[PDB]
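Bound state: Carbonic anhydrase 2 + celecoxib.
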Amino acid sequence: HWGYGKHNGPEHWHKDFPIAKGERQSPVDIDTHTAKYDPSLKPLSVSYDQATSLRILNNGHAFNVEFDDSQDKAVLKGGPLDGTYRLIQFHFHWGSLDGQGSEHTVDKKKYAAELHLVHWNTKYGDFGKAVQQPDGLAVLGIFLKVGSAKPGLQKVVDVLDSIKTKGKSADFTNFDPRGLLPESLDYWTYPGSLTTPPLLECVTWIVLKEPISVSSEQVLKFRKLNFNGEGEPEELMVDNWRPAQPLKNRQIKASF
Ligand SMILES: Cc1ccc(-c2cc(C(F)(F)F)nn2-c2ccc(S(N)(=O)=O)cc2)cc1
Ligand SMILES: [Zn+2]
């Protein structure tokens, strides 16, 4: 029954998921003066023009836009990555207030939200196998700040009323995730983990330096979602972020 509450939130996860205290947990604080520029890094390749979204789901923890990953349609390559990683889903983490909500922090700065575009290494054939491998996943993380609206997010916002509560889903076809990306693909990268249970240490993190701007209205609609099931006492889906974890034996590399 893990969650983000006082009795089941991040500080409790290690009891069911002891890897929570592991050597390469995420998220982390990105200390920008200590991150090392790596000329080894090759440019990141985000090829999302053939993405096929399927559905959107409230899973009690966040909302998730799921894609058809049965062919090489939307993929991430280059950067720190070897090979091809297929987009399977994206989701967000966000706050109760504009001053918190991201998982990663930048020089301890918290953003209003963070977008995770989740990809799996096609060398492992499926996502479930990939999560058992140290190089199984690549998650592209993109910060959200509140300011101007992001037009490409609006189709997501407008379907949230149909998936208010835990377990609700809806058709969500022809959504183009390119509309969620900032101009710059300058990034930080480090080896880490899933930021929710099971907290598996399978992720190459790629966190973009440039945030996207979303409007207050757009994020306010995120905060009207519910963690609870239909006909249960309302618990607003807010502050579904894990705090920064110890960096331990890792170096964050910068592409710029
Ligand atoms: C809609 C949806 C949501 C989650 C999952 C999923 C499953 C699993 C696992 F490991 F159990 F298989 N993790 N995991 C998952 C994926 C990404 C992250 S994150 N926040 O690090 O990007 C954290 C957990 C799949 C689909
Ligand atoms: Zn996430």
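Just so it is clear, chain A uses the PDB entry numbers, and the residues here are 4-125, 127-260, in order. For ligands, and for the atoms within them, numbers begin at 1 and follow the listed sequence. Computed from heavy atoms alone, side chains included, the values below leave out hydrogens, waters and symmetry copies.
- Taking every copy into account, the model assigns celecoxib to ligand 1.
- Other-chain residues and nucleotides with a heavy atom under 4.0 Å from celecoxib (ligand 1) are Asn67, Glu69, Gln92, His94, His96, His119, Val121, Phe131, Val135, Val143, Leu198, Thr199, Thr200, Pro202, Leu204, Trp209.
- Residue list (UniProt Zn(2+)-binding, chain A, heavy atom under 4.0 Å from celecoxib (ligand 1)): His94, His96, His119.
- Listed by atom number, the atoms of celecoxib (ligand 1) under 4.0 Å from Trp209 heavy atoms are 21 (O).
- Interface of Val121 with celecoxib (ligand 1), defined as ligand atoms under 4.0 Å from a residue heavy atom, comprises 17 (C), 22 (O).
- In this structure, atom 22 (O) of celecoxib (ligand 1) lies nearest to the protein heavy atom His94 CE1, 3.3 Å.
- The closest UniProt active-site residue in chain A to celecoxib (ligand 1), going by heavy-atom distance rounded to 1 Å, is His64, 7 Å.
- Below 4.0 Å from some heavy atom of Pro202 lie the following atoms of celecoxib (ligand 1), by number and element: 9 (C), 10 (F), 11 (F).
- Nearest non-hydrogen protein atom to atom 15 (C) of celecoxib (ligand 1) is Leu198 CD2, 4.0 Å.
- Per-residue contacts place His96 under 4.0 angstrom from the following atoms of celecoxib (ligand 1) (heavy atoms of the residue considered): 20 (N).
- Source organism of chain A in the entry: Homo sapiens.
- Nearby ligands and ions of celecoxib (ligand 1), counting only those under 4.0 Å: ligand 2 (zinc ion).
- For chain A, a heavy atom less than 4.0 Å from celecoxib (ligand 1) occurs in the following UniProt substrate-binding residues: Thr199, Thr200.
- The protein atom (non-hydrogen) at minimum distance from atom 14 (N) of celecoxib (ligand 1) is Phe131 CZ, 4.1 Å.
- Residues of chain A near celecoxib (ligand 1) cluster mainly in UniProt domain Alpha-carbonic anhydrase.
- If you check which protein heavy atom lies closest to atom 24 (C) of celecoxib (ligand 1), you get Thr200 OG1, 3.2 Å.
- In the vicinity of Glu69, heavy-atom distances shorter than 4.0 Å reach the celecoxib (ligand 1) atoms 1 (C).
- Between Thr199 and celecoxib (ligand 1), an N or O atom pair is found at a separation short of 3.5 Å.
- In terms of protein heavy-atom proximity, atom 3 (C) of celecoxib (ligand 1) is nearest to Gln92 NE2, 3.2 Å.
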